[PDB]
Asker: 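This structure shows fluorescein in complex with 4m5.3 anti-fluorescein single chain antibody fragment.
We number each residue from 1, following the sequence as shown. Ligands are counted one by one from 1 in listed order, and the atoms in each one are counted from 1 as well.
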Amino acid sequence: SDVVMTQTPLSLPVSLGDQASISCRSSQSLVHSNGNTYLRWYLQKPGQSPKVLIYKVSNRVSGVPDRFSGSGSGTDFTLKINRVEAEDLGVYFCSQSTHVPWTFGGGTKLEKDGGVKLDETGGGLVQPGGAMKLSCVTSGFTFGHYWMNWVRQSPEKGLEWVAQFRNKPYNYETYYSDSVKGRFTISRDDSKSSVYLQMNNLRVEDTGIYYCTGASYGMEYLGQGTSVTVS
Ligand SMILES: O=C(O)c1ccccc1-c1c2ccc(=O)cc-2oc2cc(O)ccc12
């Protein structure tokens, strides 16, 4: 039932100045009943956090050069990069947010912002069985019009969406990944423009960098992440 996002190729070697093309396919249509197709492309530079380059298939995040273009429809999507430069090098991910759970492709290795801020705190080291509360304080966007999420990253599983807390128009509904159901609880406070993640009964496999994200009208902003180690 979970939408599988498949990227090709896993690794894409290029020479500076060449054109690059990355494919992302979904296991089912990403066309939403509301008319939007919720497909994002991200770039993660080595050692840094993922940043959105393209949203709703083809919309370029302002600031991203015109050399980048997203295209496609339904289940078949493509990111094109003209005249590759050094700053473009890193891992590109696609993600779908039409269906819950939100899901990510496995990545392809190619080898401010209106004052928006999201700051994650609470990370650290705990032993299995332990608990930890992550907090995310935001500013620079009208929080009431955003769905807040927690997404995590590990070498073993890649990017994984784990929880969502919708806004008032969408009944403040919460959703969780099966991997954390019954253990993690996402909470939201509009007055403080903050979201929190209470993580109980932690396991080694919960180890990862945890990012808070704010999504609205197909766009998404992400924090720099906070590291959680369960050892
Ligand atoms: O896209 C929207 O209409 C919308 C507006 C405000 C807040 C969230 C959404 C939004 C969705 C609203 C309804 C729905 O059925 C699905 C939505 O999906 C989204 C996916 C995103 O990445 C990012 C945003 C959304």
Asker: Provide the binding site of fluorescein at 4.0 Å, counting non-hydrogen atoms only.
Answerer: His32, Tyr38, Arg40, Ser97, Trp102, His145, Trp147, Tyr170, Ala215, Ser216, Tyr217, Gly218
Asker: Tell me: protein heavy atom nearest atom 15 (O) of fluorescein, and distance?
Answerer: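 Looking only at protein heavy atoms, the one closest to atom 15 (O) of fluorescein is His32 NE2, 2.6 Å.
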Asker: If the cut-off is 4.0 Å to any non-hydrogen atom of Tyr170, which atoms of fluorescein fall inside it?
Answerer: 12 (C), 13 (C)
Asker: Which residue holds the protein heavy atom closest to atom 11 (C) of fluorescein, what is that atom called, and what is the gap in Å?
Answerer: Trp147 CH2, 3.3 Å
Asker: Any atoms of fluorescein less than 4.0 Å from a non-hydrogen atom of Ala215? List them with their elements.
Answerer: 23 (C)
